[PDB]
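Lab note: 60S ribosomal protein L13, putative, (11R,12S)-mefloquine bound.
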Amino acid sequence: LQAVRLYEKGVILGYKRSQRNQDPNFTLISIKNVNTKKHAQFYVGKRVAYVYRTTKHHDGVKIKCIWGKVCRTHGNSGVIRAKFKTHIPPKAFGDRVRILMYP
Amino acid sequence: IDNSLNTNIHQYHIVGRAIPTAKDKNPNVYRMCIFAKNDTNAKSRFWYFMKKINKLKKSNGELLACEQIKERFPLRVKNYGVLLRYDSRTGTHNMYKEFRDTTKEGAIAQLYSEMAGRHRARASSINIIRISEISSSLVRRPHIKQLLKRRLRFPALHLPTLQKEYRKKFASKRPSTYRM
Amino acid sequence: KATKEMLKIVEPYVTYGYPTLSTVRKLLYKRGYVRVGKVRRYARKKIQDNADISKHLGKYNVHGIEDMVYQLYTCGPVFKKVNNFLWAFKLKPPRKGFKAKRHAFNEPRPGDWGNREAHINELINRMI
Amino acid sequence: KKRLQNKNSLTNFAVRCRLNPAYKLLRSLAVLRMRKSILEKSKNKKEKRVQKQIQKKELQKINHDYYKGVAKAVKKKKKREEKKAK
Amino acid sequence: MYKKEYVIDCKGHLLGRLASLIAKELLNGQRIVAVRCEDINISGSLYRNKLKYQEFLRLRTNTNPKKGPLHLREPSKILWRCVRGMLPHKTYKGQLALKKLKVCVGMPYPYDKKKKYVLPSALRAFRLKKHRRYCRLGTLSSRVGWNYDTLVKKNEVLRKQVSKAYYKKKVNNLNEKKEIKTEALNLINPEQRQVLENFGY
Amino acid sequence: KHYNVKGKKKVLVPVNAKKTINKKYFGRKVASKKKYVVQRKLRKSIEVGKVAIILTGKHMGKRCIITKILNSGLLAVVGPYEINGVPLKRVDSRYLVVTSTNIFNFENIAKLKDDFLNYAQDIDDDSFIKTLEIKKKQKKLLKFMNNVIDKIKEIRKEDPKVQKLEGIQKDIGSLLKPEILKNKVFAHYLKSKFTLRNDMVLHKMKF
Amino acid sequence: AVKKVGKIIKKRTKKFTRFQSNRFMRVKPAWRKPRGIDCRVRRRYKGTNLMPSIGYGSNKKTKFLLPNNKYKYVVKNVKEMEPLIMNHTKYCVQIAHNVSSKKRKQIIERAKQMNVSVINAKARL
RNA sequence: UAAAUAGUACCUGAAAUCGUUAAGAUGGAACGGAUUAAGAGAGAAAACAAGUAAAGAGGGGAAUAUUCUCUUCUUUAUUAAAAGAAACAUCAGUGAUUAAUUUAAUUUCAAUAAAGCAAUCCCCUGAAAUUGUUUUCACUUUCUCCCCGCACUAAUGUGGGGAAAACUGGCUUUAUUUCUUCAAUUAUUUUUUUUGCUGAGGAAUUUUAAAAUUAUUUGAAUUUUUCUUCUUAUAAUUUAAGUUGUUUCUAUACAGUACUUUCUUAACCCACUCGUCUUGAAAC
RNA sequence: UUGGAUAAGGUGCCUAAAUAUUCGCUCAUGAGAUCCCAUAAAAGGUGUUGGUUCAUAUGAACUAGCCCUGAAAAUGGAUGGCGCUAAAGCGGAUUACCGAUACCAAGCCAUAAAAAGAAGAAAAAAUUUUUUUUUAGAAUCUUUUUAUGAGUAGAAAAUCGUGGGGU
RNA sequence: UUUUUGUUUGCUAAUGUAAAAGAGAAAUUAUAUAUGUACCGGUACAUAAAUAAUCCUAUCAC
Ligand SMILES: O[C@H](c1cc(C(F)(F)F)nc2c(C(F)(F)F)cccc12)[C@@H]1CCCCN1
Ligand SMILES: O[C@H](c1cc(C(F)(F)F)nc2c(C(F)(F)F)cccc12)[C@@H]1CCCCN1
Ligand SMILES: [Mg+2]
Ligand SMILES: [Mg+2]
Ligand SMILES: [Mg+2]
Ligand SMILES: [Mg+2]
Ligand SMILES: [Mg+2]
Ligand SMILES: [Mg+2]
Ligand SMILES: [Mg+2]
Ligand SMILES: [Mg+2]
Ligand SMILES: [Mg+2]
Ligand SMILES: [Mg+2]
Ligand SMILES: [Mg+2]
Ligand SMILES: [Mg+2]
Ligand SMILES: [Mg+2]
Ligand SMILES: [Mg+2]
Ligand SMILES: [Mg+2]
Ligand SMILES: [Mg+2]
Ligand SMILES: [Mg+2]
């Protein structure tokens, strides 16, 4: 096996939202097999990284990453809210995110 | 202890009396059991009832005692007979219903639901007039009589209520309602 | 009597009841703000120190937060003054939320605006 | 005076102490209370039970009486109904 | 919904609920293949359903029916339409989600060899009381002109035989594996074996 | 030094004021008025001979045994180089998931504990932080490709502190290795990398 | 959004452009406050241009500080340069747009002597 | 000609509008706001390096022509440091979690293992002869037994009619509580597991005084207690007296693909032509 | 502005939050779906679900819930759509959650008011002395504190810019 | 098809992904029962019955 996971998989969903009001300050994350509030709480302090690819190289690379902290659980069904260093692009709304094991 | 199953209807013994007056030094004390969700609600109910019945209002009387009565044998099935007065959109009716339960409070809770569901009678419109435990020789309602059967047995046809952990939207193999 | 009447007049817009001692103390501590200055120019200052209240309430033999709390709990010789001194408690919304602000607490259906005499404290705790 | 933080009294022990001086003593007392072993408590239970009997009986009498009253009322109501029917 | 592509076996499901289930997943970011769409059930009585369909058909654009409501009468098509209804398809994300969904009548080329999933919170057996009238979607489609129902059924039947054949082989393989395991459990190491036993395997 | 407020007993560590801040209306003054900062106090699972998984390093996922509570809060870790490949590596408590498994709980390795402890003690805090000179030297190589890397490696090797650390690591390996090898399964475990799989839920894990 | 750099907080990096300045050429971006009934901007409907307001203003303490943390001072002449001899850490020189090249050079030289930063030294360089 | 994109429609030559080039976008408008994004441009005056040394090019000022000293640019190298961003840690403020805990109070209980007590009996609860009370019969099991139906049942049973007992239950006891219980709801309290966000200010005497805490020292107290409290005195510290520290990184860089910022489209959500008279305008 | 916690309302998907739990009631060959609100009635119904009053386990009469009939208009079509019947309907109850520019906590901006104000070395870096920063005192000004901040007609104040003039 | 390096005059070397970290999993069918197996849809015998709450597949470098 080449490469080791060490993170839980996730899907970076919408922003924190009304019915028709945005709130880009928080993102909503679905974490693989976590379906309840209680389970969600386990991940609360863990660090989240949205890694993404680009055409132009930057710090000599095609992959860059934005970091976040995972702030609180979100309503009954294991979803969590995550707050990031800089707000996530909505291009990301169906994308994968990584929830690391540290803190 | 379960906090999803519980219905917060309690029974309160309330005692009150009209403030004594120079002209009526020795007033009459009135007592009742009242089924309500909290103690303040119970008090309010009592006051309302007083208003309805005698010349008395909260402003010219005082609560003497409020007890809160817990069921003595909260794990003994009991057959409860209840008498109600309710208001419909069209008028007012008296009725008697029977409920097999484990506490008076539980019975009351059941009753409220039933009235809401079957008659569209809202909590405001109902007045409980007496709930008493009926011996099995005096059960008049068939849905309670049936239960009172000897060696009663029935299968379990209900659909499994899985925990929202083991509830998943994608399933391997088509679940079975048959069970056994 | 007058107070009661007033309450009745604004019954459907407020929730009230009997606060209990611990709750009162809590309120004084975490939410207790006080008016410090010459009359009609008050400035909302959090207590923290006893010397802040010992200036105004020094004549009335009520130095320290504890004394104030005591006064609040049971209408002592000097309670009204103490109340006046205390800034209106700017409270949070309840952490579990209200039932329904339209309906009464005494209403058989879920409500709020009634005289919740024994559950007022609970409410306060929830929204402290 | 330049405003600094506004320090939670209920937690920040020092601040609390400053606010209310006797509080320390109270806290100490509480701690002491907490300290005492469960065996003693258990022992006390028996004593409590012993002491409670009469009180318990009284309570029973009260509640029983209430029940009886209720029953009587019900009976009266029934009688009234019967009369009406007649 | 973290799989590459979920194949959903639409037999024995309750239409609208199924659609709803699909839609959310699609929105999230999941490739869904709704397969075997002839056997999706609707909770109304068959006749009622038919009537509803007729009514829907009747609402066409008055000026030029080339535009307006396209009354797609294939069961798969119907399902797709339903899914779309439950989506913000007028935006870009919604459109993408819609695209991600793929609907099939019966079972085609790759979705016979892929694992078929079931949505238990949408099943007819778990959502309807057995004294209520339900309606097979294929039948409904046929009633409102689809024609290719019998053919589809035949195809399904044919596929079933193949599946059975494959299943037998699979079973045999499983048996063989079991036998091997039985044989080899004595050939490992005692402590290790014990450990294995303890942990179910 | 320690303070016992409300019954916590927090333990103080002497700190130095480094940051300077401009005065309100005259000359600058030091930022810190506090002289003692409360000690880190690690979790109730971090011990002295437990095996932990490094989450973030280059040796990402490797299973390395804990060595010394290094006083600065962050702890020392070793995956006995000759077995796992993890050197004498300083690490924070957060970037390591410590397993409930302890080395000194096994019947074979428990007897060689005192020596291990001594070794740990011998390791110090200042032996890790690279002095500026070395860094400068390393930098100086930037102004072919692999050659540069080689040079850097050489420079690293040269460092006396580094050498000492290496020696210590070697000693530890010598002390520990044979026993580990003898417990074959354990050795294998030590060697292997911890990876999450499609069954390991993480939130229900009690490792 | 907010643009923290140092302790320097900027609340609103985006310029407030005139309503509809993007719709008719004749309307310049320069903020003008809309008047008259039915403005939408005046009425502050979700989704329109915002109205500049006093809440947006920078902390009294860091206000006219540039990213450098020095207040910009315009300089036309050596004489003017001189008021900032006792202020090289607090004001930074900008040489007037209309200064001839020789004079500019001289000013730059003076600045270097004074240790005072020049924000536009490169003009005509 | 200094200059012809000053060529006589001639100074400057804006906007609308149009052309060329490039980049981009494009499913029945377009633009816009909020927030990012990827590009594409720009940039170094915070976005690293003061000074020290060797030797060039300059400039000054002073001391009494030529000593001294101050410097700006170039260089060869030579050590800072600071500064921001991380990350972790420590406080403090405000929160979100999951465990609890004190003495109570409110007809709670439940087991334990030996004695018993009463059989339509008991705790109860019914039905009957203004509250208390007297008696009446009514109410428990059962894998028990008998008789009838003779397998008659949804039932590995059963419909009915009868018997049995105290295993079941209830009570009365003597003790027992980590075998299992010690609830629930208030009262008053004390903690704790994780944890998110915030860090304003910079105190020439209110960043003090006190509180608290640590190690001492004298005297008391009933809450006999390694957090027991007051108090006599002394030092220190922070829980006081709004965030500082450690290690990286940018980086041993002068601009780069990083960093800043302008523009550019995207994308999620929102957004109706302004002015106007009008109760009311997006207005057909 | 940041974080929190709510309000009205919601929580199948659209659409953030329950295909939550809990007890009923409804099947509709044009169901129903929440203030204003975007309609339905008299009269029926051996549809089912409760009841009440009577009579001898049936026969009555009633009664009220849901449901059905009564119920017909013109572009195609609208519980907002999709859909939904072990509801995602109707009537409850129990929690949990989501959810505002409202509330709370913190910052900053302005306004208003209030306190108050006509002399002095701090630190760091170097190696006991140099270097680096500042070393404040502008009364409509400075420092700090607290509260507050909608706005057409209108009023006022502070600013900003253009052509010229004296300085 | 395989390999190597790259995609760091309007051009004449050339980059993009709504989604890789194991994106693992082919009976069928009933829901008041199904599936096999063996005979003749019927009979007999097995077997699933919190069915992905599972199973498979990982790290054994040289
Ligand atoms: O929403 C109803 C409906 C539509 C459609 C569809 F558009 F897909 F064909 N199918 C329906 C079906 C369907 F047949 F199962 F698809 C059942 C019930 C109602 C349907 C129609 C739409 C017009 C008004 C109400 N009946
Ligand atoms: O009020 C004093 C003062 C004095 C005198 C003086 F007496 F010289 F005229 N003039 C002052 C002035 C002045 F009048 F402008 F000179 C202003 C402010 C304070 C002054 C202040 C006191 C603090 C130190 C500065 N002078
Ligand atoms: Mg609510
Ligand atoms: Mg108007
Ligand atoms: Mg208009
Ligand atoms: Mg010239
Ligand atoms: Mg020209
Ligand atoms: Mg000219
Ligand atoms: Mg010209
Ligand atoms: Mg017995
Ligand atoms: Mg600060
Ligand atoms: Mg819109
Ligand atoms: Mg008009
Ligand atoms: Mg907010
Ligand atoms: Mg909330
Ligand atoms: Mg949602
Ligand atoms: Mg439909
Ligand atoms: Mg809905
Ligand atoms: Mg205003």
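Below, read A as the first sequence line, B as the second, and so on, with proteins coming before strands; counting in each chain starts at 1. Recorded method is electron microscopy, 3.2 Å. Whatever order the structure lists them in is the order used to number ligands and atoms, beginning at 1. For the numbers below, each heavy atom of this structure counts, side chains included, while hydrogens, waters and symmetry mates do not. Only part shown; contacts counted inside that part.
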(11R,12S)-mefloquine - ligand or chain assignment: ligands 1 and 2
(11R,12S)-mefloquine (ligand 1): other chains within a non-hydrogen distance below 4.0 Å: E, I
Site residues for (11R,12S)-mefloquine (ligand 1), heavy atoms < 4.0 Å: E/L15, E/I42, E/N49, E/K52, E/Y53, E/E55, E/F56, E/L59, E/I78, E/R81, E/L140, I/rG77, I/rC82, I/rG83
Entry molecule name (RNA chain I): 28S ribosomal RNA
(11R,12S)-mefloquine (ligand 1): other ligands or ions under 4.0 Å: ligand 17 (magnesium ion)
